[PDB]
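By the PDB entry numbering, chain A shows 5-416, in order. Determined by X-ray crystallography, 2.0 Å, according to the entry header. Atoms within a ligand are numbered from 1 in the order they appear, just like the ligands themselves. What's counted below: heavy atoms across the whole structure, side chains too, no hydrogens, waters or symmetry copies.
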Amino acid sequence: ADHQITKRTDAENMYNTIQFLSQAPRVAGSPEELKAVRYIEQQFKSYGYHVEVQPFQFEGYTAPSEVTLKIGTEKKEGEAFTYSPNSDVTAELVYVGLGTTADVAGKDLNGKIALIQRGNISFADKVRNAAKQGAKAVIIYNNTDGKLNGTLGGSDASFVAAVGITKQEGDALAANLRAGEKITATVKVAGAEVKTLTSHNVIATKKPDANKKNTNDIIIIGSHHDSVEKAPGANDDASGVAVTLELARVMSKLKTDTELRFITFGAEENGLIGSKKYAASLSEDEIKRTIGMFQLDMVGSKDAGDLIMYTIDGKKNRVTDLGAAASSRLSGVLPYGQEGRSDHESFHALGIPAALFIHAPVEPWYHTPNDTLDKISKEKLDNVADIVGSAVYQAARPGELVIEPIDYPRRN
Ligand SMILES: CC(C)C[C@H](NC(=O)[C@@H](O)[C@@H](N)Cc1ccccc1)C(=O)O
Ligand SMILES: [Zn+2]
Ligand SMILES: [Zn+2]
Ligand SMILES: [Zn+2]
Ligand SMILES: [Zn+2]
Ligand SMILES: [Zn+2]
Ligand SMILES: [Zn+2]
């Protein structure tokens, strides 16, 4: 049965999809993402699919024009967290540890600037916990090398300007403060803006067309069509979109007894907003009938490692079972592990079996201007299309679903 898939997986088609999409970054809610939505819609239609476009709004963030951080007189390097309010305050710097509700409860942060170490809780809670105590600004320092780049999740007037700094420059201040030194700091954040944007999810569905063998099962195959600022997003995630489109094309040539929904989600980089919106559109019946959701994210880089399947809880499910089965016949052992960070999380949250298919360890180009077309491997795109497509087909082909017993290891 795999031959029905492997003989039709066109790597040139997939390469071409990535070439068109990665001509420029596709920031969620931007004209470029809209352009991608129209392109994807048109390709699905060309395969003969009926397509639906689900719109949704979300709070976008415009980075501040300038982030000025100063300890007394010396100027330090700091990057304002996304969704960070604006500020122009100069006051005493107070170390409050991890910024837990307790760490700040015993301290006097009224009108002062809090110094918080990254860890345990989310950056959002730290800023929130410190702001509730009267803190006018927050300085968070790294746990590892390199700048501290994070997000407060989304807009929230309960926040106060928050900027991150390295571990070295952070442990130093914390030490000086612990030693009893009285330090003053300046946190000026200007330019930052929050705006309401509109993104979209593209949904192409193939209804079962088998004889009396039709089931009421549903399988979802997804990827996200947006990319981060400044990143052409060839592999993250035009690659996933390319495989999603090609598999949709492949399946249109075959009879199926299982409803297939090929979807490209918007605003994934903003917090899986698109997939959360689509998941919220499903009825209780659709939820219980969805036997599996396959997420394709970063599946074409020549500079990434072997293919692996990630599940939210690190446990095996119907999707990893099918993925493992297909791979055992086509390429060998396909390991599984625990990881979220992608659209599969949105379906796992509803109890639907789900897994992320990705090449790990990931390439160094991830989220950089270097995530381009010349890093893409047609051979890997084709292999993923072969494995995921055969796994889906093992279920979608006419007849009853049978999954033979096979062992596949968990990899951390
Ligand atoms: C909650 C999400 C915004 C998480 C976010 N996800 C992404 O960027 C996706 O494009 C995925 N590429 C996340 C990812 C990266 C590397 C290995 C596994 C999973 C991320 O920061 O990784
Ligand atoms: Zn092929
Ligand atoms: Zn629209
Ligand atoms: Zn991604
Ligand atoms: Zn990403
Ligand atoms: Zn080769
Ligand atoms: Zn192949």
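Here, the chain sharing the greatest number of close atom pairs with ligand 1 is referred to in the PDB entry as Aminopeptidase.
Among the options acepromazine, tenidap, delgocitinib, daltroban, Bestatin, the match for ligand 1 is Bestatin. No N or O atom of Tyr314 sits closer than 3.5 Å to an N or O atom of Bestatin (ligand 1).
For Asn274, no heavy-atom contact with Bestatin (ligand 1) is shorter than 4.0 Å. Checking only distances, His371 does come within under 3.5 Å of Bestatin (ligand 1), N or O to N or O.
Protein heavy atom nearest atom 8 (O) of Bestatin (ligand 1), with residue, atom name and distance: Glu273 OE1, 2.7 Å. Of the protein's heavy atoms, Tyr370 OH, 3.6 Å lies nearest to atom 21 (O) of Bestatin (ligand 1). At the shortest separation from atom 9 (C) of Bestatin (ligand 1) among protein heavy atoms lies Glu272 OE2, 3.1 Å. The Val366 neighbourhood of Bestatin (ligand 1) comprises atoms 16 (C), 17 (C), with distances under 4.0 Å to a heavy atom of that residue. Remark: minimum distance from atom 18 (C) of Bestatin (ligand 1) to any protein heavy atom is reached at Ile362 CD1, 3.6 Å. The distance criterion of under 3.5 Å between nitrogen or oxygen atoms is not met by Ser346 with respect to Bestatin (ligand 1).
If you number the atoms of Bestatin (ligand 1) from 1 as listed, the ones under 4.0 Å from a heavy atom of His228 come out as 10 (O). The protein heavy atom nearest to atom 11 (C) of Bestatin (ligand 1) is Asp301 OD2, 3.3 Å.
Of the listed residues (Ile312, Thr155, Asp240, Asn153), the one carrying the non-hydrogen atom nearest atom 10 (O) of Bestatin (ligand 1) is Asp240. When non-hydrogen atoms are compared, Bestatin (ligand 1) lies under 4.0 Å from the side chain of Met302 (C-beta onward) but not from its backbone. Heavy-atom separations between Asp241 and Bestatin (ligand 1) are all 4.0 Å or longer. Residue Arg345 has at least one N or O atom closer than 3.5 Å to an N or O atom of Bestatin (ligand 1). The deposit names the source of chain A as Aneurinibacillus sp.. Residues of other chains with a heavy atom under 4.0 Å from Bestatin (ligand 1): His228, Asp240, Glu272, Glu273, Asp301, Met302, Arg345, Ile362, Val366, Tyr370, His371.
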